[PDB]
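The structure under discussion appears below in the form of structure tokens.
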Amino acid sequence: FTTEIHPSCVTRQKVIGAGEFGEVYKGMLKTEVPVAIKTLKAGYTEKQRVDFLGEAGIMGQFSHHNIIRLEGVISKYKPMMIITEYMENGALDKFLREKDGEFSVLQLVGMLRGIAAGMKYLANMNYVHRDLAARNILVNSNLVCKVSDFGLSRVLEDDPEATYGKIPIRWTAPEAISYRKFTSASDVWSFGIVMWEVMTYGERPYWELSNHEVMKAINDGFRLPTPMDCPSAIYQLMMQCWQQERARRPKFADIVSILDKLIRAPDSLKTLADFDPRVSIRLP
Ligand SMILES: COc1cc(Nc2c(C#N)cnc3cc(OCCCN4CCN(C)CC4)c(OC)cc23)c(Cl)cc1Cl
């Protein structure tokens, strides 16, 4: 399983993410290229070792532009490490919140197309992500968005947005919440939420509604309102991702096709969905 990298080829330089059992670092790989490096500290359990190397094992099965590339693993020395390509701009949700208003609509839609292409690949590889959200999309210096955060039980266990099953409620499809049915179609629901995150520059879905309030609203038929300056076709597409009936949602194949057609005829994105303002400002 995958390239075993000698520790002398890897230099950890700066902590960029942290947990109780290891950290994520920016570093360099001299087989000299930048890499992300995730560690697992000594004392780890069997389950931790299986979850940790399982993330790398899963990533090693994939070869797609919109899926994080695995460079290799350090497993025969401690601490163990996973080494991936480095995504200079980090997580998409923080990136958009820090860059509010700085992109064109075409750029934002292009990000969505990349995410959708990665998700179509995963779904057709029989991989259900379960935690698709802008926080799990990473962005590089070419503005390419790539799906990250792979594994089995570790995905939802490690995410603080996932609460008690243990689930990140406001990104998750109704059937996954209600009866634990996680499929590529529940990932499509999540993708609809990601579309809303991108078009709003990282607004938190459903604002301050509690988890129960969100579930009640969804079950009563309410959906997130249109973002400001959102192409009508983009809002229509996200709304179809939120059909209660799983079978009525687009597949990722449909999503990629639609986004590709909109990008290739970019004037189609100048028609905007009506934005319902929450504030009335009236001047004589
Ligand atoms: C290596 O192993 C793994 C690494 C990761 N995670 C990452 C991968 C991957 N993959 C790639 N690239 C990453 C880049 C990151 O931050 C870049 C610095 C952004 N700046 C931060 C400061 N602000 C103000 C400006 C932007 C990053 O940050 C936490 C995590 C990354 C995952 Cl999810 C799983 C495994 Cl197994």
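Residue numbers count from 1 along this sequence. Header entry for method reads X-ray crystallography, 1.4 Å. As the structure lists them, so they are numbered: ligands from 1, and atoms in each ligand from 1. For the numbers below, each heavy atom of this structure counts, side chains included, while hydrogens, waters and symmetry mates do not.
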Just wondering what drug sits at ligand 1. bosutinib
List the macromolecule sharing the largest contact count with bosutinib (ligand 1), named according to UniProt. Ephrin type-A receptor 2
Hi! What's sitting within 4.0 Å of bosutinib (ligand 1) if we only look at heavy atoms? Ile16, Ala36, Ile37, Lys38, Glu55, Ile68, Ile82, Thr84, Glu85, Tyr86, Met87, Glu88, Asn89, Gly90, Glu98, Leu138, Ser148
Which of the ATP-binding residues UniProt records for chain A come closer than 4.0 Å to bosutinib (ligand 1), counting heavy atoms only? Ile16, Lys38
(request) Determine, counting only non-hydrogen atoms of the protein, whether one lies under 4.0 angstrom from atom 22 (C) of bosutinib (ligand 1). (result) no
**Q.** bosutinib (ligand 1) atoms in contact with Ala36 (distance to a heavy atom under 4.0 Å)
**A.** 1 (C), 8 (C), 11 (C), 12 (N)
Sub-4.0 Å atoms of bosutinib (ligand 1) with respect to non-hydrogen atoms of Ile37
1 (C)
Atom 20 (N) of bosutinib (ligand 1) [closest protein heavy-atom partner, distance rounded to 0.1 Å]
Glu88 O, 4.0 Å
_Enumerated bosutinib (ligand 1) atoms positioned under 4.0 Å from heavy atoms of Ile82_ = 1 (C), 2 (O), 36 (Cl)
Task: Atoms in bosutinib (ligand 1) with a heavy atom of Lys38 nearer than 4.0 Å - done: 1 (C), 2 (O), 3 (C), 35 (C), 36 (Cl)
- Item | Close N or O approach (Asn89, bosutinib (ligand 1); < 3.5 Å) | no
Counting non-hydrogen protein atoms only, what is the nearest one to atom 7 (C) of bosutinib (ligand 1)? Give residue, atom name and distance. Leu138 CD1, 3.4 Å
Q) Heavy-atom distance from atom 18 (C) of bosutinib (ligand 1) to the protein below 4.0 Å? A) yes
Exercise for the section: Write down the UniProt domain of chain A that holds most residues touching bosutinib (ligand 1). Expected result: Protein kinase
Atom indices of bosutinib (ligand 1) within 4.0 angstrom of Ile16 heavy atoms, with elements: 14 (C), 15 (C), 16 (O), 27 (C), 28 (O), 29 (C)
Under 4.0 Å to a heavy atom of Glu98 - the qualifying atoms of bosutinib (ligand 1), by number: 24 (C)
Give the residue, atom name and distance (to 0.1 Å) of the protein heavy atom nearest atom 34 (C) of bosutinib (ligand 1).
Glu55 OE2, 3.5 Å
Distance under 4.0 Å to a non-hydrogen atom of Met87: what atoms of bosutinib (ligand 1) satisfy this? 11 (C), 12 (N), 14 (C), 17 (C)
